[PDB]
Every structure is written in structure tokens, then in C-alpha cells.
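Structural view - salicylic acid in its complex with Salicylate biosynthesis protein pchB.
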Amino acid sequence: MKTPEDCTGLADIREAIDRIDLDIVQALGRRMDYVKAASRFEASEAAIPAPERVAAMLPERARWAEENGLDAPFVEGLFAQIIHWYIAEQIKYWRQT
Amino acid sequence: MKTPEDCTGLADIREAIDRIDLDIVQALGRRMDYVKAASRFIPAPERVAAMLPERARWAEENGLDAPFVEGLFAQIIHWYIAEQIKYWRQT
Ligand SMILES: O=C(O)c1ccccc1O
Ligand SMILES: O=C(O)c1ccccc1O
């Protein structure tokens, strides 16, 4: 995997983009492992959506986006979506267990 | 970070989830560098069309719902295409 400035054409660019997208998928898959592990440390079902934790999480991700040359609303939006889905998945996991 | 099974409480879980979320942001930041580098070689229709099912498959292989993951990548790919177009027009 070449650095962007050493990419010689679109084959190199795409190999690197494929690797980075797969890394993101694999990281989301590991993230689910952690979210499911959380379910045993939840006092109750009402504990799941942990609103102070989520409330703080999104602006922190918006800050990381700004520190990584990305538009904050785009990245904060993506994480709102991921967090929503993972909460729903945790609630599903907690209910079926 | 501890593995999920070795996490002892929500402190451990959160530390690991924050480090993973930071990893994803950092990776998206690197991804932009590649999309901007590509500009000199735009919506590349056949490329997008093939990429999405590939990401759906990776999702299935990592125990995530494919529609949710494919939907995220559809959004990511649209945003980056626009940013590549912006970069190409601005330069
Ligand atoms: O996905 C998360 O990071 C999350 C945050 C707070 C509560 C439940 C969750 O799944
Ligand atoms: O983000 C992408 O993966 C992409 C793919 C094809 C063309 C332009 C792009 O930004």
C-alpha cells in the first residue's frame, strides 16, 4: 500500500481505498463486539441508550473530524447513524438474552 | 485496549470504542487524501457500482448487517465524490 503521493494511477489509489474501507468495516465489526460486551454492565434496559455518554460522544467525533481534515457535520452525521444502529442492536441483544 | 471479553466494566468498553471511533475517523481522513490524489488520473460510475456490493459483502463477513453498512458507504462515497469534484474545480 502506497502513500497517496506515491500512487502511480488509479490501480494504486483503489487498492489503498479498498484497504481503508475494509479496515473501517473490520473496525465497525470489532465495535459491535464491544457494544455487545457492554450489555452485561447495564443496570437495566433503560440504561442502554446512555444519554450523557452519547451526548458527549458526537461533539468529540466532530472534533476529531476537524483534526483530520474532514467536514464535522458529515462525520458527526455518520456517527449519529452508527450510534443509533448500535444502540438498537444492543437493545435487541439485551432483549433476546 | 482490552479485548471485549476482558473488559471489566464500561470504562474499558468506552475506552475501546473511543479508540476504534478515532481509528475510523483517522482512516476517513486518510481516505480523503487518496481521493484528492486520484483527481489527476470523476464520479467513475463502474467503480462506485462495483464498490458498494463489495462493502456489503465485507459487512456480512464481519457480522454486520449489509444494508446498514452499504448505506453508510453510499453516503461516504457520495460525500467524497463531491469533495473530489470540489478539489478538481478549485485546482
Ligand atoms: O454505540 C455506542 O457507542 C453507544 C453509546 C452509548 C450507549 C450505547 C451504545 O451502543
Ligand atoms: O470515494 C470513492 O470511493 C470514489 C470512487 C470513485 C470516484 C470518486 C470517489 O470519491
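Residue numbers start from 1 in every chain, and the chains themselves are labelled A, B, ... in the order their sequence lines are given, proteins ahead of strands. Order of listing sets the numbers, starting from 1, for every ligand and every atom in it.
Contact atoms of salicylic acid (ligand 1) toward A/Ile48: 7 (C), 8 (C) (distance under 4.0 Å to a heavy atom of the residue). Residue A/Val54 touches salicylic acid (ligand 1) through its side chain alone, judged by heavy-atom distances below 4.0 Å.
Here the heavy atom of the protein found nearest to atom 9 (C) of salicylic acid (ligand 1) is A/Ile87 CG1, 3.5 Å. Of the protein's non-hydrogen atoms, the one nearest atom 2 (C) of salicylic acid (ligand 1) is A/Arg31 NH1, 3.5 Å.
With a heavy-atom cut-off of 4.0 Å, A/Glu89 does not touch salicylic acid (ligand 1) at all. Which parts of salicylic acid (ligand 1) touch A/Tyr86 is read off a 4.0 Å heavy-atom cut-off, strictly below it: atoms 1 (O), 10 (O). Distances between N or O atoms of A/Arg53 and those of salicylic acid (ligand 1) include no value under 3.5 Å. Interface atoms of salicylic acid (ligand 1) facing A/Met57, defined by a heavy-atom separation under 4.0 Å, are 3 (O), 5 (C). The UniProt domain of chain A holding most contacts with salicylic acid (ligand 1) is Chorismate mutase.
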Could you pull out every N or O of salicylic acid (ligand 1) that sits under 3.5 Å from a protein N or O, with the distance for each pair?
unit_1: salicylic acid (ligand 1); atom_1: 1 (O); unit_2: A/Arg31; atom_2: NH1; d: 2.8
unit_1: salicylic acid (ligand 1); atom_1: 3 (O); unit_2: A/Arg31; atom_2: NH1; d: 3.4
unit_1: salicylic acid (ligand 1); atom_1: 3 (O); unit_2: A/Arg31; atom_2: NH2; d: 3.0

